[PDB]
Structure formats: structure tokens, C-alpha cells
K.L.:
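This PDB file has liothyronine in it.
Chain letters correspond, in order, to the sequence lines: A, then B, then on. Using the numbering of the PDB entry, the residues shown for chain A are 231-238, 265-455, in order. Note that chain B carries the PDB entry numbering, so the residues on display, from first to last, are 687-694. Shown for chain C, in order and in the PDB entry numbering: 210-253, 264-461. First listed ligand is number 1; within each ligand, the first listed atom is number 1.
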Amino acid sequence: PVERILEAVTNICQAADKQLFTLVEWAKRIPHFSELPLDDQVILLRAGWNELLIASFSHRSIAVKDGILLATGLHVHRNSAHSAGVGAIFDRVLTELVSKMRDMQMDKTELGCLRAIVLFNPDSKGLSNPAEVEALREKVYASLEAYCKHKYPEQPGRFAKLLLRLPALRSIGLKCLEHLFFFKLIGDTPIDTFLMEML
Amino acid sequence: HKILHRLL
Amino acid sequence: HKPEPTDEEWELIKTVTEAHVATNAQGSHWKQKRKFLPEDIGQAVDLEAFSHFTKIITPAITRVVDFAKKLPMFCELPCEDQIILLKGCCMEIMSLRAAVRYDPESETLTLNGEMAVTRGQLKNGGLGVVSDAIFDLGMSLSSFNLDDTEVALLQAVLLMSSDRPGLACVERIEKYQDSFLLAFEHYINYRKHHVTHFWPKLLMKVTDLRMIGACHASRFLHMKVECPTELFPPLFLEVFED
Ligand SMILES: N[C@@H](Cc1cc(I)c(Oc2ccc(O)c(I)c2)c(I)c1)C(=O)O
């Protein structure tokens, strides 16, 4: 039932507080997520948001050639990236993701599930009950396989290929983490209040 | 581009 | 319904399988031909430990390349892409190969099918955290109990990664991967694994592997920061040097 999922300084600070809000509310609208212990929910979010965010705009940038569309509609051309020293990482997103997403015509349904899998990452350290989380993930790509079997029966390998973008998505996630800092430098437990409130 | 080539 | 592999696919299956088999060290008698690395070696970047891994890593690397050459499709690629594919999936496949050789009774991995090392040993050997990533994987693959074929297919798919940087015949490589994946998916249907969600679960491993090779790449940078350049074998360098 990925239908409930599909239905789901003063300048730069305006966003993020909105993106993060939209991400949290997106996760809350995800099956069984709001049922997990408070701590287990925040740990997941904080362990995935990187890839989740990147999975979002990567699919949104399918309608753009050699560019990325972000929250503020601020289209980003690869000319700025290479000029900012992030050309390499930028290109990966276009070829490994944006490209692959376009060439397969990945729909919002598939994107949503893929992002749902990501969230339910049972490997995340510290969470109280992993068995329960990996359960949820199973149930998640359980639906995904059936969707691909009915929605696109003329292509059996679709389901499979859908997952094989997560790897790319992962390693790219990592580069972004290494690139960006600041937030992390704010010591541990810098963000938990909000996550506790949105909860 | 080196030892790889000769191994090919 | 579960579509079993076709005749044109079984041909590719026996091809890849044979390709893996002839290139996996110690064949099927690895358990008896393995030697436990001295518990003293690598205590809590151990020069000694490292020197032993690197002293047996070059055959592994080559054996990987041999697996590639025993694949017609791969032989159809330009030398440019041919090199790139290897450089990328190299650490991944070796990792797979090592991880599928995990022994719960001993909690050790078998490098080159002859060298048993523990989590700690392989960690202090230069890999560091990667070691965990790998052992953990091996632990996970334990319940899968993959056979040569299913392992060969993974290696096959790992090789044909159409997202490696600098590739030319991208749509060409991607087509190959799609071929393997098709047969891969059908083969397990044939195997009729009784476990729930086997195919997906397995595919996630591809994520895990791609992340290992990556952390390994960052490890290599730190390795040449601590360890000397002379302690590195030529082939090894060429493989992970830009
Ligand atoms: N056992 C594999 C071959 C294999 C050989 C070795 I040495 C391994 O450890 C590494 C690898 C890279 C490094 O930089 C360091 I330091 C240690 C692994 I993991 C695998 C096979 O059977 O193909």
C-alpha cells in the first residue's frame, strides 16, 4: 500500500527548516514508522536523511539536462559545481542517478518505496530493535516487487534494477557527508528536540 | 595502462 | 509465477560459473588447506600484518582479472573500459570472495583460500573499519549459503557496473549487467530458496559491497600516508591508484 506514501542567513535558514519539516512529515506518513520507539525513529531519520534528500531532488531533476532542481526551485547547473570544486560528486548524481532514473522512467511510486527502504535501514547503529526494522523494510520491498509485477509485467528485471540504484545512492551519500560539515561540528545530540516534537 | 594490460 | 532460466541463459550460467570456479583459490578444499595466522600477528597499521596481506594480494588481484577474461561480453569491451571496470569492482569481488568464506566455528576469513584471519587481524592489517564491514557481511552471507553460481553471478554483476567513472560503452555495459541480472534472478527461482525475500535481500548485498570497495579506497589513501610506498606491490598500486 504505497498510496499513503505517495500522498506523503534569513534566506538559507528559511529552507532546511522547511525541507526537514517536509522530510519528517513524509516519514510520519510512512507505514508503521510512527509506531517505532521514539528513539528508533530519530536514529533512522538522522541516519538516512542524507540519501533521502538526494533521492528526492535526483528524481526531480529528471526534467532537467545537466542540472539539478532543489527546494527553492534554484536550478543548479554543473558549471557552478565544477567551479565550486564539487564537479566530480555533482556528475555522479547526474549519471549514476538522474540519468538512470530517467532512462527507466522511474515513477513517484518506485521513488517513494526506494526512499522507504532507505529509511528502514536496520544496520543503523544504536536502535533498540533491528529485527523489527528489517521486518518493516522487508514488507516495504515486498509491496515494491508486486507493484513492478503488475504495473510493468512486460519488464521483469525492473524491480531488481530499482534496488541497484541504492548502492550508487549510498556511496554518493557518503561523498556528500564528507563534503559538508558544520552541523556535525556542533557536537553530539545537537538535533533531537525538534525530532521529539514532530514525533 | 600497465601490468593490467599484460594481464589482458 | 517464478520464470526459470531459459536455454540461452543456462549457457551464460555455465560460462560465468566455470569462470568463477577456475579462478577461486583452493577450489572446494579450502577448509583443510587454510592456515591460521599467528594470534600474535597484529595485536590490539601493524607493519607485519600488512606485509603479509600485501605479500599475497597480487595473486588475488590477478585471479580476479582472470575471471573477467573468461567472460566473452567483457572481452568485447574497449581496453579503456576494460581497465576501469576492474579497478572499480576489484576490492568488491575479493571482499565477496573472502566474505563467502566465513567460518562461524572459527570466526575467521580465508584470504586466497589459505590464510585464515580474524576481524581484529584484518582490521589492524590496514583495512581498519572495513574489516568489520566485511566480516559482518560474511556473517550475513552465512544464512544465504550461496553456491559458486550465485556467487559468480554477483561478481558478474559487480563487474558490469555501468556507473564507474570514465566509462565509454556505458549503454553497452549496462545491457550486459541486465543480462546477468535476468539469469541471476531466474537461477535463484530455480534454486527455489525457502527463505522469505531472498532475491531482494541478496541485491542489498550489492549495496554493502559497493560501500566496502569505497571505504577501502579511502583506506588506501590513509595507508600511503602511514605505510611506505615500498611496502606496496606494483599491481596493487596500479589497481587503486587514481
Ligand atoms: N580472499 C580473496 C582475496 C583477498 C586477499 C586479501 I590480502 C584481502 O584482504 C585485503 C585486501 C585489500 C587490502 O588493501 C588489504 I591491507 C587486505 C581480501 I578482503 C581478499 C579471494 O579469495 O579472492
K.L.:
What name does UniProt give to the macromolecule most in contact with liothyronine?
P.N.:
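By contact count, the main one is Thyroid hormone receptor beta.
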K.L.:
Mind listing the other chains that have a heavy atom within less than 4.0 Å of liothyronine?
P.N.:
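Chains with a heavy atom under 4.0 Å: C.
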K.L.:
Per UniProt domain annotation, where in chain C do most residues contacting liothyronine sit?
P.N.:
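UniProt domain: NR LBD.
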K.L.:
Okay, next thing: UniProt's L-thyroxine-binding residues in chain C - which of them have a heavy atom under 4.0 Å from liothyronine?
P.N.:
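By heavy-atom distance, the UniProt-listed hits: C/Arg282, C/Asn331, C/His435.
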K.L.:
Which residues of chain C carry a UniProt 3,3',5-triiodo-L-thyronine-binding annotation and have a heavy atom under 4.0 Å from liothyronine?
P.N.:
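Of the UniProt binders, a heavy atom is that close in C/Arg282, C/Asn331, C/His435.
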K.L.:
Tell me the organism the entry assigns to chain C.
P.N.:
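Source per PDB: Homo sapiens.
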K.L.:
Any idea which residues from other chains are within 4.0 Å of liothyronine, non-hydrogen atoms only?
P.N.:
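The heavy-atom binding site is C/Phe272, C/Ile276, C/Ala279, C/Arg282, C/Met310, C/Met313, C/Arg316, C/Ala317, C/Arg320, C/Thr329, C/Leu330, C/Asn331, C/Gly344, C/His435, C/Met442, C/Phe455.
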